[PDB]
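Atazanavir complexed to Protease, as determined in this entry.
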There are 2 protein chains.
Amino acid sequence: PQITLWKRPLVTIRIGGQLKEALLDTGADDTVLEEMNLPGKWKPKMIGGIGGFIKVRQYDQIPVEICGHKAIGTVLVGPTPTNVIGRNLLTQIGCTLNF
Amino acid sequence: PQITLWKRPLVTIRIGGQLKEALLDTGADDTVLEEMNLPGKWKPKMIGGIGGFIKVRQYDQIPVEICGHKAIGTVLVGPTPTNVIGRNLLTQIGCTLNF
Ligand SMILES: COC(=O)N[C@H](C(=O)N[C@@H](Cc1ccccc1)[C@@H](O)CN(Cc1ccc(-c2ccccn2)cc1)NC(=O)[C@@H](NC(=O)OC)C(C)(C)C)C(C)(C)C
């Protein structure tokens, strides 16, 4: 689809068979999800945004379906105020910026 | 142009007569540049992201040329980790997300 930018580019994603709303974010290297208790091993990581760094849990090889397009990769879980889909998954679904 | 996301979508901008590099950032409501001088009056503002809030200077009605496309809008200046072009200006240059 084409998503205009008049409002926040929030779309429905599926993770663990369950649905969430997340921001398609070209300004994000990584995918960062609101706290959720995923199973499996994780690694601690620190990621930085506008206000500084937060502690997140790094889960690898997590399937995430974005607006019907399938992806699989690293998902960071922690105290973010919004679910963010970053470039690591946006590339997998063939997302471009266009003007 | 069409811009893919295997790398950060960095572009050259022209502002206050100077060239800079900034990140096309669909996850940003606002446009935020590293500390610099801009002409005219500004207002103290706060903006928030991952990691928390920062103090910025709000400059209104500032012309900025983004890859040769013109915009005139609000530019925030402060201790952002990196220069970002947000939706307020991406909409002005006709930028959409496509997949
Ligand atoms: C309604 O609030 C916003 O729109 N907030 C925006 C904002 O923070 N947007 C975030 C996503 C977001 C939106 C709303 C609430 C919380 C988070 C991003 O669009 C822009 N931001 C811009 C940004 C970019 C880079 C960096 C950075 C950090 C460390 C080292 C180098 N760069 C910091 C901020 N990117 C990041 O923070 C990413 N950081 C990143 O990719 O780091 C490499 C994350 C996400 C992976 C953490 C601005 C403050 C930029 C206006």
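Chain letters correspond, in order, to the sequence lines: A, then B, then on. Following the PDB entry, chain A residues are numbered 1-99, in order. Numbering, chain B: per the PDB entry, residues 1-99 in sequence. Structure method, as recorded: X-ray crystallography, 1.6 Å. Ligands are counted one by one from 1 in listed order, and the atoms in each one are counted from 1 as well.
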>> Quick one: which ligands or chains are atazanavir?
In response: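 Every copy of it sits at ligand 1.
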> Which other chains line atazanavir (ligand 1) with heavy atoms at under 4.0 Å?
Replying inline: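 Chains with a heavy atom under 4.0 Å: A, B.
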>> At less than 4.0 angstrom from any non-hydrogen atom of A:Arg8, what atoms of atazanavir (ligand 1) do you find?
In response: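 In order of numbering, the contacting atoms are 1 (C).
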> Counting only heavy atoms on the protein side, is anything nearer than 4.0 Å to atom 18 (C) of atazanavir (ligand 1)?
Replying inline: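 For atom 18 (C) of atazanavir (ligand 1) the answer is yes, since some protein heavy atom falls inside 4.0 Å.
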>> Within the 4.0 Å heavy-atom shell around A:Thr82, which atoms of atazanavir (ligand 1) are there?
In response: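 Those qualifying, in numeric order: 14 (C), 15 (C), 16 (C).
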> What protein heavy atom sits nearest atom 35 (N) of atazanavir (ligand 1), and how far off is it?
Replying inline: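 Ranking protein heavy atoms by distance from atom 35 (N) of atazanavir (ligand 1), first comes A:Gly27 O, 3.1 Å.
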> In the protein, what heavy atom is nearest to atom 37 (O) of atazanavir (ligand 1), and what distance, to one decimal place, separates them?
Replying inline: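 It is A:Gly49 CA, 3.2 Å.
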> Which protein non-hydrogen atom lies closest to atom 3 (C) of atazanavir (ligand 1), naming both residue and atom, and how far is it?
Replying inline: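 Going by distance alone, atom 3 (C) of atazanavir (ligand 1) is nearest to B:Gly48 O, 3.7 Å.
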> Nearest protein heavy-atom contact for atom 27 (C) of atazanavir (ligand 1): which residue, which atom, what distance?
Replying inline: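 Minimum-distance protein heavy atom for atom 27 (C) of atazanavir (ligand 1) reads B:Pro81 CB, 3.7 Å.
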>> Quick check on contacts: which atoms of atazanavir (ligand 1) are under 4.0 angstrom from a heavy atom of B:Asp29?
In response: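 The list of qualifying atoms is 1 (C), 4 (O).
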> What atoms of atazanavir (ligand 1) come within less than 4.0 Å of a heavy atom belonging to A:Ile50?
Replying inline: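 Going through atazanavir (ligand 1) atom by atom, the ones under 4.0 Å from A:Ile50 are 8 (O), 34 (C), 49 (C).
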>> Just wondering, where does the PDB say chain B originated?
In response: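 In the entry, the organism is Hiv-1 m:b_arv2/sf2.
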>> Within the protein, is there a heavy atom lying under 4.0 Å from atom 1 (C) of atazanavir (ligand 1)?
In response: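 Given the 4.0 Å limit, the answer for atom 1 (C) of atazanavir (ligand 1) is yes, a protein heavy atom qualifies.
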Contact table, atazanavir (ligand 1) N/O with protein N/O, distance under 3.5 Å:
unit_1: atazanavir (ligand 1); atom_1: 2 (O); unit_2: B:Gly48; atom_2: O; d: 3.3
unit_1: atazanavir (ligand 1); atom_1: 4 (O); unit_2: B:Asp29; atom_2: N; d: 3.0
unit_1: atazanavir (ligand 1); atom_1: 5 (N); unit_2: B:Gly48; atom_2: O; d: 3.1
unit_1: atazanavir (ligand 1); atom_1: 9 (N); unit_2: B:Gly27; atom_2: O; d: 3.1
unit_1: atazanavir (ligand 1); atom_1: 19 (O); unit_2: A:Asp25; atom_2: OD1; d: 3.1
unit_1: atazanavir (ligand 1); atom_1: 19 (O); unit_2: A:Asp25; atom_2: OD2; d: 2.7
unit_1: atazanavir (ligand 1); atom_1: 19 (O); unit_2: B:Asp25; atom_2: OD1; d: 2.8
unit_1: atazanavir (ligand 1); atom_1: 19 (O); unit_2: B:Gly27; atom_2: O; d: 3.2
unit_1: atazanavir (ligand 1); atom_1: 35 (N); unit_2: A:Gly27; atom_2: O; d: 3.1
unit_1: atazanavir (ligand 1); atom_1: 39 (N); unit_2: A:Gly48; atom_2: O; d: 3.0
unit_1: atazanavir (ligand 1); atom_1: 41 (O); unit_2: A:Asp29; atom_2: N; d: 3.0

